[PDB]
S.K.: 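What follows is a single structure, and I will ask about it in a moment.
Quick note on labels: first sequence line is chain A, next is B, and so on, each numbered from 1. Just the heavy atoms: all of them, side chains too, but no hydrogens, waters or symmetry mates, feed the values below. Only a slice of the deposited entry appears, and the contacts counted are all within that slice. In each ligand, atom 1 is the first atom listed, and ligand 1 is the first ligand listed.
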Amino acid sequence: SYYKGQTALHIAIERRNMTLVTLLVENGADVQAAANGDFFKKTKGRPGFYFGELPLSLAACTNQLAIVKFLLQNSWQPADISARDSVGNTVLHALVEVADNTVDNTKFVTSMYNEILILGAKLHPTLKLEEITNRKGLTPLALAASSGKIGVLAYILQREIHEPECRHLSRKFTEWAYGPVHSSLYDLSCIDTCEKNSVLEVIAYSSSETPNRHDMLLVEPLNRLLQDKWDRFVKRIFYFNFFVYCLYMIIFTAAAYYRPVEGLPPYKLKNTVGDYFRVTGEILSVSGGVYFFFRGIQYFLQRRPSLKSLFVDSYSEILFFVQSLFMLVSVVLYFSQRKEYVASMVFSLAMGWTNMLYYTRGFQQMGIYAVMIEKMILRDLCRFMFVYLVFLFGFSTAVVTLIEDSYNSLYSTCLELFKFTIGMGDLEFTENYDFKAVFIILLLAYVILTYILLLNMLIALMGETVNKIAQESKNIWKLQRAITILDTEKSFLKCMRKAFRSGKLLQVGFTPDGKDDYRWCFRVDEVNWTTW
Amino acid sequence: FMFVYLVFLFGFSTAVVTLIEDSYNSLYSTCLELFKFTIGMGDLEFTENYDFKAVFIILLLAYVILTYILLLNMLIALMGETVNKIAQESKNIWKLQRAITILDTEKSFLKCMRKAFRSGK
Amino acid sequence: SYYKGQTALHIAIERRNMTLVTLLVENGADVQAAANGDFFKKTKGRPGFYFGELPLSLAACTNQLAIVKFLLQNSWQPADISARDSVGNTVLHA
Ligand SMILES: C=C(C)[C@]12C[C@@H](C)[C@@]34O[C@](Cc5ccccc5)(O[C@@H]1[C@@H]3C=C(COC(=O)Cc1ccc(O)c(OC)c1)C[C@]1(O)C(=O)C(C)=C[C@@H]41)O2
């Protein structure tokens, strides 16, 4: 369990003993066998350090490049690089999981990663090690993208090896240096329409736990790729969707405004042009409601977000789904001869208009207002509700109790006190209650405590949030644009087929196996003239 | 911010007018009353006995909390940011404005340019 | 169009080859002629780097002062400083 498979070779490794590892692997110890334990497993419930399961993986993670280079080439018992553990981390994946974005750690892990890839290329030209998906089903590229490791991902995105024998693994090819512009040719390997965990998907679909999601899309290839996707086809599809939604909301508003007032539903169709227009508008409205219901169900089934992180990452989808629910309840009440249907429909009307702020996320300068509204409704107001309600209820019950012998009921007292809290009430002291002085004291304390002291506290916190997320306009709207691009591409399969997302699918080299490979790529010209 | 506010105003105005068709009589007056709410200048009464009174109260309270407490203060925070940003750079701003007015004054009256003696010698 | 007027003298320039420019301008290449292309023009719709049109302008913009000093004084074919391109940038303007 704890000490399952661990031997003196690991202890020599972690202590940096050059000769002990050589002696042990000369003795014939089977480095294929893996050591696992509670301390090794990535469990928060127990203390431990994760270094994979393969002993070669531990040697690599523990900063020993010559030692692992010998282990691999040790004729007595070479270690297999392609070993995949039950936990689901390969040696390369183990290195990815070790990294913590630090500059020195970035340099260390990148150097050892490049060295180990070169060694593997020397070892097994026939096999490509990178693409083998690990136990969880995501390759080291996808794992680095999803986990948050910007340092490990940046190099892999612009992984260029100047050795002419390693050109079949380099990701970035420098086409020429005609000037400060340096033409590029990335591999776009499994970035778009590839597999379960594409790089863009894991970057964007992530549950926001990752700590540097915004900075990931600043890498050299991702920015150009997303901008190309936006300009090519996505932009006009989004604008068409916005226009169709505006028409839908206008039709819904016109249909609901001119609803019949005499009788109970359903309402018999009368022979008039206006009646035909009204009924067709109602049919279109209900059709849109059904569409949004099904799109919400499809989204929730696809992503299946966790209950805790449901609202944080799916605010707009939640709101569209709730609007669809309201309209469906309205139609259900319509055919049950209940006049209450209207009361539901208006909630789907008022809501339907405000949901249009979703589309402001498709513009740069106007896109932050939706973000601010979402954050100020989920973070500040939500948890200030609890702080306010103890005050409201305490003083409401106290006032009602004091004068039992507009403040007659508990509902009206709560409403009047809430009006006081927003500076919208009248202090009169006109009626001759019992204990008038105590009533005046209670109301003045409430007004000073909630109107002057708590309301302004809430406003200060809201201003802090607005201030904080108003600096980061570029990052915020870039991420929102990326998410909408992903959703637009994924919604219409024919759209993905006709996207021409990649620049081209050309074979720009010959593999050491002897067969030239056709790889996807796109141009990325970057200007750097100061460095000459 | 006009665009962000008008969706709220129109959505809740149309909703309120639709809800009680059977001061909130017309669409113009409903829009005006809701705008007055947005600037803390309206009266919550709930005195007339409408249909669906609870839903009407819920709609108005949501509107007041969303626009008077949440959007208006957002606008005020952004305005304060702008004021703060262009209140540090007093010297540069007024220097540029003085330069522009000098140019326009010199260019307006040709005799003024002739008699300017702009150059030292 | 793209490769209109560009010759090996420019390629020696941008790579910082001291001797290649001397050889080319000893060969009698007419440095009066200007090279223009889509990459050279200051167009946002296309990628490119602007360095004027005159080859001397490119030599100057590409950080080569002794080389241009010789081009100007090269008795075989001195470059004219006062050359004005159709785009509208002089060497100084470049
Ligand atoms: C998150 C949820 C469920 C929510 C659903 C409704 C009831 C909502 O009240 C809240 C709670 C609330 C109530 C009153 C004041 C503030 C907040 O906030 C929103 C929700 C809060 C909004 C605010 O409008 C928006 O957020 C638009 C919007 C912003 C950003 C988006 O990404 C977006 O995509 C859809 C939409 C308006 C209402 O949806 C609306 O139109 C009505 C009548 C009630 C508002 O519950």
S.K.: Specify the drug or drug candidate at ligand 1.
M.R.: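 It's resiniferatoxin.
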S.K.: Could you check which other chains have a non-hydrogen atom under 4.0 Å from resiniferatoxin (ligand 1)?
M.R.: A, B
S.K.: Which residues does the binding site of resiniferatoxin (ligand 1) contain at 4.0 Å, with heavy atoms considered?
M.R.: A/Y315, A/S316, A/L319, A/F320, A/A350, A/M351, A/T354, A/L357, A/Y358, A/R361, A/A370, A/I373, A/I377, A/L381, B/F8, B/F12, B/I65, B/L66
S.K.: Return the UniProt-listed Na(+)-binding residues of chain A that have heavy atoms within 4.0 Å of resiniferatoxin (ligand 1).
M.R.: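 Heavy-atom check against UniProt gives nothing.
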S.K.: Quick sanity check - which UniProt Ca(2+)-binding residues of chain A lie within 4.0 Å of resiniferatoxin (ligand 1) on heavy atoms?
M.R.: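 The UniProt-listed residues with a non-hydrogen atom that close: none.
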S.K.: Any transmembrane segments of chain A with a heavy atom under 4.0 Å from resiniferatoxin (ligand 1)? Use UniProt's count from the N terminus.
M.R.: 3, 4, 5
